[PDB]
Asker: 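Below is the structure I would like to discuss, written out as structure tokens.
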Number of protein chains: 2
Amino acid sequence: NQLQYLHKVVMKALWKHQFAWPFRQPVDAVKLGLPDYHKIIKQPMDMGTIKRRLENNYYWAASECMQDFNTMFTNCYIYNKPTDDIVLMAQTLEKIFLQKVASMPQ
Amino acid sequence: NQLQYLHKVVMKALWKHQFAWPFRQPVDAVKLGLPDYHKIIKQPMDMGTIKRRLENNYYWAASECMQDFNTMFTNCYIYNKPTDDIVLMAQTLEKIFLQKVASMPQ
Ligand SMILES: CC(=O)Nc1ccc(O)cc1
Ligand SMILES: CC(=O)Nc1ccc(O)cc1
């Protein structure tokens, strides 16, 4: 029920959120012109990957899925400048993620 | 039971962790020589404040306490350089926080 909740409640709300768009696919450092991205970011993560993983029964515990969300947001905070819009977008999304996690079943 | 779990399980493990020390008290931008800290960081947070809040029944829901932890970690990622040791310290602590949150009661 935990993973089903993360898929059907948490990911459903985040995926369609207006600020989701920069996070729905992996960062393409070449297309985005970010030559140092993978020098700085050790473990890339995005909602597209998390969504596919939920759909495919990839996770064993809710904790792993939660860690993936955390990694995605943290990468954003670490790589980007504090004043970048994407940082505010991540913050908004992460607050919702945490709120929903707080109501997750045991 | 949620808030009691965050206090007696989550905060107990984080407080005494070896990487806790930079997070046990508010960032003193004057003493640490960080003149731009409060220009960049809008909502300061630390484990000392969270611990006092848990002790004093400040929180209404686990979500608020969780948000405070998140804010503390996010501030760290946003303000500091990616290669700073404190960033790795925050990451380690946040992973533990999330792991414990995953086993929190409803
Ligand atoms: C998730 C993330 O950091 N995305 C991202 C970063 C910089 C940029 O210029 C475009 C997109
Ligand atoms: C929580 C935090 O960012 N602390 C912190 C940042 C920079 C520094 O030089 C010393 C401490």
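Chain identifiers are assigned alphabetically from A in the order in which the sequence lines are presented. Here chain A follows the PDB entry, giving residues 77-182 in order. Numbers in chain B come straight from the PDB entry, and the residues shown are 77-182, in order. The figures here come from the full heavy-atom set of this structure, side chains too, leaving out hydrogens, waters and symmetry mates. Both counts, for ligands and for their atoms, begin at 1 and track the order of listing.
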Asker: Determine which of piperazine, methazolamide, clonidine, paracetamol, isoprenaline appears at ligand 1 in this structure.
Answerer: paracetamol
Asker: Which protein or nucleic acid chain has the most heavy atoms near paracetamol (ligand 1), under its name in UniProt?
Answerer: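 It sits in most contact with Bromodomain-containing protein 2.
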Asker: Taking 4.0 Å as the heavy-atom contact limit, which other chains touch paracetamol (ligand 1)?
Answerer: A
Asker: Quick check: does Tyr155(A) get an N/O under 3.5 Å from an N/O on paracetamol (ligand 1)?
Answerer: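 No; every N/O pair is 3.5 Å or more apart.
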Asker: How far is atom 9 (O) of paracetamol (ligand 1) from its nearest protein heavy atom, and which residue and atom name does that atom have?
Answerer: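 Looking at atom 9 (O) of paracetamol (ligand 1), the protein heavy atom closest to it is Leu110(A) CD2, 4.0 Å.
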Asker: Across chain A, in which UniProt domain are most residues that contact paracetamol (ligand 1) found?
Answerer: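 Most residues touching paracetamol (ligand 1) lie in the UniProt domain Bromo 1.
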Asker: Mark up the atoms of paracetamol (ligand 1) that fall under 4.0 Å of a heavy atom belonging to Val103(A), in ascending order.
Answerer: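 Listed by number with element: 1 (C), 2 (C), 4 (N).
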Asker: Please write down residue, atom name and distance for the protein heavy atom closest to atom 2 (C) of paracetamol (ligand 1).
Answerer: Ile162(A) CD1, 3.4 Å
Asker: Help me out: which residues of chain A, per UniProt protein-binding annotation, have heavy atoms under 4.0 Å from paracetamol (ligand 1)?
Answerer: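 By heavy atom, within 4.0 Å of paracetamol (ligand 1), the UniProt hits are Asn156(A).
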Asker: Can you pull out the closest protein heavy atom to atom 6 (C) of paracetamol (ligand 1)? Residue, atom name and distance to 0.1 Å, please.
Answerer: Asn156(A) OD1, 3.2 Å
Asker: What are the atoms of paracetamol (ligand 1), with element, lying closer than 4.0 Å to any heavy atom of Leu108(A)?
Answerer: 10 (C), 11 (C)
Asker: Using a non-hydrogen cut-off of 4.0 Å, what is the binding site of paracetamol (ligand 1)?
Answerer: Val103(A), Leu108(A), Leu110(A), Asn156(A), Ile162(A)
